[PDB]
Colleague: 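The structure under discussion is supplied below as structure tokens; questions concerning it will follow.
Letters A, B, ... mirror the listed sequences (proteins, then strands); counts begin at 1. Computation of the quantities below employed the complete heavy-atom set of this structure, encompassing side-chain atoms and omitting hydrogens, waters and symmetry-equivalent molecules. One-based numbering, in listed order, for ligands and for the atoms of each.
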Protein chains: 2
Amino acid sequence: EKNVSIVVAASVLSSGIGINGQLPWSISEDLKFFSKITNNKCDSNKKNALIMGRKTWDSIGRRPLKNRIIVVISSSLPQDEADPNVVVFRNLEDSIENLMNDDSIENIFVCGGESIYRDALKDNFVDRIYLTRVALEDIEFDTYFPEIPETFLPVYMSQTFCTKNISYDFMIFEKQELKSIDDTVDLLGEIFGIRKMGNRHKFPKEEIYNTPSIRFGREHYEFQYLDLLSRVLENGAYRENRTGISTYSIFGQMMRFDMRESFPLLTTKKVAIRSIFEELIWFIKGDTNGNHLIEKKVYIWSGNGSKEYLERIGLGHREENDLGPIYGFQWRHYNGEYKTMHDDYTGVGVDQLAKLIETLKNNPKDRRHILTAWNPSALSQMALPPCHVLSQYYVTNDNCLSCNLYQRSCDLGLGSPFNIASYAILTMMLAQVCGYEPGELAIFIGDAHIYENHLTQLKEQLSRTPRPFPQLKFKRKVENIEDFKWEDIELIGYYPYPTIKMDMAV
Amino acid sequence: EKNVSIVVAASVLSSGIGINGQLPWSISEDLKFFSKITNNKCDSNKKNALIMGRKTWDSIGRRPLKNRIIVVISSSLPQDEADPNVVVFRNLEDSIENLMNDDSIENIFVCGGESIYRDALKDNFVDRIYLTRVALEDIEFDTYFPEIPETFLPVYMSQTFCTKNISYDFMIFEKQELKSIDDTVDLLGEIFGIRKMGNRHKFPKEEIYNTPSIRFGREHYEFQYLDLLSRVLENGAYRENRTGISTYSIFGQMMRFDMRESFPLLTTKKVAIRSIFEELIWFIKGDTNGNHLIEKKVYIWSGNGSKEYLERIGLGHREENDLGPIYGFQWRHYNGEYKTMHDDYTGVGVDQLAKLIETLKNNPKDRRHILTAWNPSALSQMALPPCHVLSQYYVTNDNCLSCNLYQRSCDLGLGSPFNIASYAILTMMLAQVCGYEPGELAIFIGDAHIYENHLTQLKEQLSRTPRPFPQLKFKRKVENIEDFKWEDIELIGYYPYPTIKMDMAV
Ligand SMILES: NC(=O)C1=CN([C@@H]2O[C@H](COP(=O)(O)OP(=O)(O)OC[C@H]3O[C@@H](n4cnc5c(N)ncnc54)[C@H](OP(=O)(O)O)[C@@H]3O)[C@@H](O)[C@H]2O)C=CC1
Ligand SMILES: NC(=O)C1=CN([C@@H]2O[C@H](COP(=O)(O)OP(=O)(O)OC[C@H]3O[C@@H](n4cnc5c(N)ncnc54)[C@H](OP(=O)(O)O)[C@@H]3O)[C@@H](O)[C@H]2O)C=CC1
Ligand SMILES: CN(Cc1cnc2nc(N)nc(N)c2n1)c1ccc(C(=O)N[C@@H](CCC(=O)O)C(=O)O)cc1
Ligand SMILES: CN(Cc1cnc2nc(N)nc(N)c2n1)c1ccc(C(=O)N[C@@H](CCC(=O)O)C(=O)O)cc1
Ligand SMILES: Nc1nc2[nH]cc(Cc3ccc(C(=O)Nc4cc(C(=O)O)ccc4C(=O)O)cc3)c2c(=O)[nH]1
Ligand SMILES: Nc1nc2[nH]cc(Cc3ccc(C(=O)Nc4cc(C(=O)O)ccc4C(=O)O)cc3)c2c(=O)[nH]1
Ligand SMILES: O=c1[nH]c(=O)n([C@H]2C[C@H](O)[C@@H](COP(=O)(O)O)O2)cc1F
Ligand SMILES: O=c1[nH]c(=O)n([C@H]2C[C@H](O)[C@@H](COP(=O)(O)O)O2)cc1F
């Protein structure tokens, strides 16, 4: 009685694995993963058995794999005894004799075609599943991986990796069938009610924990957002705010995202990337005219740019969508005497973005690459105080650009995905203009809150198992950071779950 | 063969447990912990045995404990059979008969005096140790807990709790005698070198992990600092900076600290708390004169206030210790035209601190309680740009004041403990002025680095097992936040390891 694992690489949606007798992709790292996982063994005097169909045996050139015994399931291939590393069996059930006799086999790997996977799961011989999800779906398939039965549960999901602009994941599925520390902590929590800090940050209940079966393998960095969602649902205090829509809020959280091998755009919900880019390039250009965003069919600043909202916050003198000195005005004209959105501020104010770029490419090991938007003097003139307040940038020894962001208030339903994608795109732009590669993105959140009219929606978003991140590439290298256009961005391999409508609280 | 656990409450240093036949403290929560841990049982048809000496049996009033069988070790007490909840044994070895016969006993708890603990450990009958460390040491003891033998290792250390201004801990010691997920992650790390984000944040090696035996029980929040120290030692990239002393640096980290039941002042090193307080009140008063700190025998700002350092950074015109518009000038006079440290700036600039207090006590549920020190216009005039750049404050539904701090650059050897204690004291001051209780302190670090001249020292600090946090109390309620004086602070139960000299990099 030894272990049996199905090793497979399938597409993310349709679960296709092959086309015309070959793989529908060329990912060398996946072959390396196959080689390393099939050579995994605890005994040096034992080999691992790789069961495969005849057509798969043809796909590998009918040659043996080193340090492994290949078992071909075929009703026509002659049971050749010349090659000791390859043996042929007439059916799959008879091939499962390594459990009974043949003690020189330690682990068994089912890695054949659809005709092998299907009746290896049907006969219930499989204990584990090493699945490699690949983000290709607009191509042609003819061989698919069967839907994983409900008897299996996912226990691990790696981060998203990139190869030839193709995104891919790694997942493990298992066949589901020291307590003293836990008991002492539970007793100490029963004693001190909310005096033990652990009770103020309770672990989220399973009913609001996205993919609860993945406990110790939450490597995919979209979990940095979903687990924050769950923590707010679990420990969020019901509080009122400036809007009539109350929220559930907690304080002091963080999220990490990788940008070397992927792009942190959420897959559990289709995110409007064009509006994000237009807002970001609007910031970079130094503009505060909301009509310029509305003309480009982007209405995220319409709620805070209506005449009624401006007269209500005491800015009735201001023009329709003249938002005042906000994001992008403090970036390019910090401490500049603001008049209207039509004046020419070229020259006035401290151009933080230009100095940031100059410092990033002239003195990388510096610790002062800081872009601030919090200006106490101009706060009263703002239509909305800065939410993403502070940002710091960092150059690694291998010429990568990482970014930290401190955000005073985060609306996890609408503001958070936009902030993640926006600062990722900004880091990528800064890295290209300065000549670096994108690094990591850390977002530090003060007041992380969920509006109460989003509870039905966000819960739905927590019911969707995450898919690998897409890739974001630039079609041309620009000379100045302001020269970016929407046509320059290529979004590759983004297959998210359907969009989830949520109303903005004005 | 069942489990045996020594339950004891001892002082942190001398390990005293009693005085003149009674306890040297009255901590009700510890008695509740005793009651809950000795009644912990998996079988309802079984009782737990509590072994104690005769003098301890006298200390509990010679009355039985509910749902438990008390075993008194005494050579004089008559073996009375009237009370079924109390039994007398002549020696400790004969009392260890519940292992052989008497299957109605599930767990055994050694809870006697020094004379029982010593030869319960000497005879090696003890499997576990539930130790309650109490931070009282300037009192009189007459009964001590023996030094825990090397066969035991700590596996858990709770957070610091407070009762009657007394700090205390909870620790567990044990007698030392799914792998697929780990193997898959190791293989994925072998494939992608530093492309897998996990490899850029490797888990610290045991040789640089403070108290490595405590794996799953690092609850004490001084570990939030020691684990960051270890992570910098593990993943720190060797980088140069403005000073000749190079560092090992990483980017994007955080630390959490509780302030409801303790005070985050490091115990692994004696920290000069008075200098921290004097710097903080110097900030609050709006001062930029380094001579005011030097006159109070505080020399932390002498390196950045020397004539040579000012002439080197291009401020040779400036006076001796005139540091320029820095912390506390941006707090009280933001965007204020700075001249020298002798002028009267009362009135000019935006008083961020006053508005902060006003917003904290007039509009608590607000999300804009923000104090910034990063001013791009005044950066050139500063002797040293702000390290603790931004701070946000938050009022919970139970009227507690929590604080987030973003620090762009952190010197984990000298700057970090000072920053932790300083912002803790500042949060407590704001809480008293606004009428709240202290909450939590979250510190977010951008460039967390360790100077190479501190490597010998900090490693030493990582060899010291943490002791419970102290308490910090105020002797009087002040009318204005600037009225605090050093004589108003009482530091209770601070018993740190000896101080570790480390040179500041100018
Ligand atoms: N992405 C991935 O992880 C993998 C993808 N693939 C791809 O899949 C494609 C090929 O797979 P597939 O089309 O399913 O073909 P198979 O690899 O499953 O091989 C099928 C052959 O195996 C024999 N066989 C199958 N079932 C039985 C049975 N119940 N009893 C006896 N013999 C049996 C038959 O051989 P015979 O006719 O001689 O009797 C049959 O022709 C290729 O593109 C390949 O590259 C393959 C492996 C892994
Ligand atoms: N902080 C804490 O967790 C605890 C503190 N304490 C404190 O400690 C103090 C008391 O402890 P302590 O001074 O050590 O006294 P003990 O509680 O250990 O009791 C000692 C008695 O136990 C009997 N005894 C001990 N060893 C033997 C032996 N080898 N053979 C036969 N009989 C033995 C003797 O009784 P006899 O003379 O009758 O033969 C002896 O006088 C008190 O202040 C108490 O409150 C007590 C428990 C817990
Ligand atoms: C056609 N085929 C089937 C195949 C391909 N990709 C897969 N990918 C996955 N994730 N799982 C599978 N079962 C799988 N099977 C192949 C093709 C090549 C090799 C192969 O040459 N493996 C080398 C790997 C060498 C390398 O590139 O470093 C080895 O050492 O095993 C294996 C199976
Ligand atoms: C003198 N003595 C010995 C004593 C006291 N404190 C300790 N504290 C600790 N952490 N560990 C011990 N072994 C210990 N032993 C005592 C004194 C009172 C009770 C007691 O009354 N316990 C009640 C507690 C009831 C309560 O106040 O909630 C119980 O239900 O067990 C026990 C032991
Ligand atoms: N309170 C409050 N004030 C705010 N002021 C400015 C913002 C920034 C901001 C971000 C996003 C939106 C939005 O509506 N985003 C979308 C979400 C989805 C989705 O989730 O499926 C689909 C489409 C869109 C879209 O607009 O294309 C609107 C504003 C903001 C805020 O976030 N909160
Ligand atoms: N690079 C660089 N520039 C800096 N400019 C200003 C600072 C702030 C600052 C904090 C602390 C000290 C110090 O020396 N602190 C002590 C530490 C210990 C100890 O923990 O052993 C014991 C005593 C003292 C003490 O002075 O009483 C000196 C400056 C600073 C910095 O931190 N780094
Ligand atoms: O990028 C943004 N992210 C974000 O989360 N908000 C939301 C947070 C909050 O719901 C609202 C501001 O409310 P307040 O000003 O009171 O913090 O804006 C706004 C942005 F522009
Ligand atoms: O409160 C402080 N905290 C702190 O960590 N530093 C350290 C961080 C760094 O070692 C140095 C700042 O120099 P630079 O900004 O050039 O990195 O001072 C200084 C303070 F005043």
Colleague: Which of triamcinolone acetonide, ragaglitazar, methotrexate, pimavanserin is found at ligand 3?
Modeller: methotrexate
Colleague: Trying to figure out what methotrexate (ligand 3) is stuck to here - the chain with the largest number of contacts. What's it called in the PDB entry?
Modeller: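 The largest contact count goes to Bifunctional dihydrofolate reductase-thymidylate synthase.
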Colleague: What other chains contribute a heavy atom less than 4.0 Å from an atom of methotrexate (ligand 3)?
Modeller: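 Counting heavy atoms only, the answer is A.
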Colleague: At a 4.0 Å heavy-atom threshold, which residues contact methotrexate (ligand 3)?
Modeller: A:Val7, A:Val8, A:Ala9, A:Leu23, A:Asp30, A:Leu31, A:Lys32, A:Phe34, A:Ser35, A:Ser59, A:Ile60, A:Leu65, A:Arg68, A:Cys111, A:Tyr117, A:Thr132
